[PDB]
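Data block below; observations after.
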Amino acid sequence: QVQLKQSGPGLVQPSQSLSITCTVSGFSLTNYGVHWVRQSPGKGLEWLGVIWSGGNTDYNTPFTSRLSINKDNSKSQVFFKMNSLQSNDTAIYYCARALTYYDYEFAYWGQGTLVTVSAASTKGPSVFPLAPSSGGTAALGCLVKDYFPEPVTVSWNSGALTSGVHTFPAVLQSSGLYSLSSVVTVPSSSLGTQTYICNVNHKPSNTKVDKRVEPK
Amino acid sequence: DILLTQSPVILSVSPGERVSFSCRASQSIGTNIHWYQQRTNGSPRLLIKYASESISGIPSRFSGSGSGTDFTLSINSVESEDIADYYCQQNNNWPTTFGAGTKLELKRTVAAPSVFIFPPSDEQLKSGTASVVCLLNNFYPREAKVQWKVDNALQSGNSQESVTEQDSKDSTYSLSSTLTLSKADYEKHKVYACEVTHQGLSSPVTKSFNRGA
Amino acid sequence: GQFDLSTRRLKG
């Protein structure tokens, strides 16, 4: 099972440097190169560089002087480091592996790391219940308010509840802080039997909240 | 660098129809093009390599053709799970470069939203802010209007909307409209109403509550 | 037409 797992999303101050770790399994870094690709609003999908099996690196032209890729074959880890970030370096960063050892056909991707370049500070969210109230289908949810930066993960009943779930895109408030709601529809008859918990995780602030949502 | 131009920007079809994506290169690149699919909150997924070659685990309804500068990715019978963005990649010339992507939207029958309104929790009121949430669930098409009224006064500028991407199973959207008040303003009023207009409703639907009960 | 970091989807 070929897999690539990246370190968590986070905030980097302007002019500061970015570090991401890509841990691979199901293959050996001595047999495959690992590529780095980002995806930004300004420039879309953008190939950044690669570290080959034998330790050599290639960097895309506009990144030659501020990009550094290293790895530890023993630990199956590839280390990405970019210097002097500005606002338009805000993007999702992926590590990726090609089908063959020499190629660029990216058949396996990491889950991505959203990096926000901002001078502001990290802030964890407050979680508030969206309580169901009086055709046999009830809607309930959680309000995840006033956090920075993106993203936040939301799940229901520790992953067991996925059907009917809608987690809305976050919106930026005038405060410069994000907010979103996650909703789910369930049978009215289950409100007295089943517990409904939204599991909220804001990794950039290490804030994890389980919010029980009950009829008021 | 090779410039890759994808067209159209947005594609919109019905399930079971065939659909094609175009990718054009600023100079000949042989057959050195790859295609990717990106679903909502997902990483790119490799669909085709070298213009026409299959990829393990990719459904047979995906195919590609072309050589030189004009390339085509095709889905011969679209399904709802194909709702995604699609990108091409060239690697005939260093560095490898990607197109800007084409969005694939699916049509479906009109579906009216189910409307729910949520008062602010007492927990949030402790903080000095009141959020009133109106939910429009599982509707199509995307266009809809939310009008807020507090004690018959039209609210303007103090609400924000967020819409999900299309559901991969039923192709509907859901919308949340959040009205934000100071706790002081919220306590000075009684009737909080959300009015929803949509093509699937013969009349606007209004969900409301009185602060308290 | 632009990539949206909130949804990883193209928006305008």
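Chains are named by letter, beginning with A, in the same order as the sequence lines. Numbering, chain A: per the PDB entry, residues 1-134, 139-220 in sequence. The residue numbers of chain B are those assigned by the PDB entry, with the residues present covering 1-213 sequentially. Numbering of chain C is taken from the PDB entry, so the residues present carry the numbers 1-12, in order.
- At chains A and B, the PDB records name the drug as cetuximab.
- When heavy-atom pairs below 4.5 Å with chain C are counted for each chain of cetuximab, the highest count is for chain A.
- Neighbouring residues of cetuximab under 4.5 Å (non-hydrogen atoms) are C:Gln2, C:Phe3, C:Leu5, C:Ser6, C:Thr7, C:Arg8, C:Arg9, C:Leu10.
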Can you list the donor-acceptor atom pairs spanning chain A (cetuximab) and chain C that come in under 3.5 angstrom?
from     : atom 1 : to     : atom 2 : distance (Å)
A:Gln111 : O      : C:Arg8 : NH1    : 3.0
A:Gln111 : O      : C:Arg8 : NH2    : 3.3
A:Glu154 : OE2    : C:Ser6 : OG     : 2.8

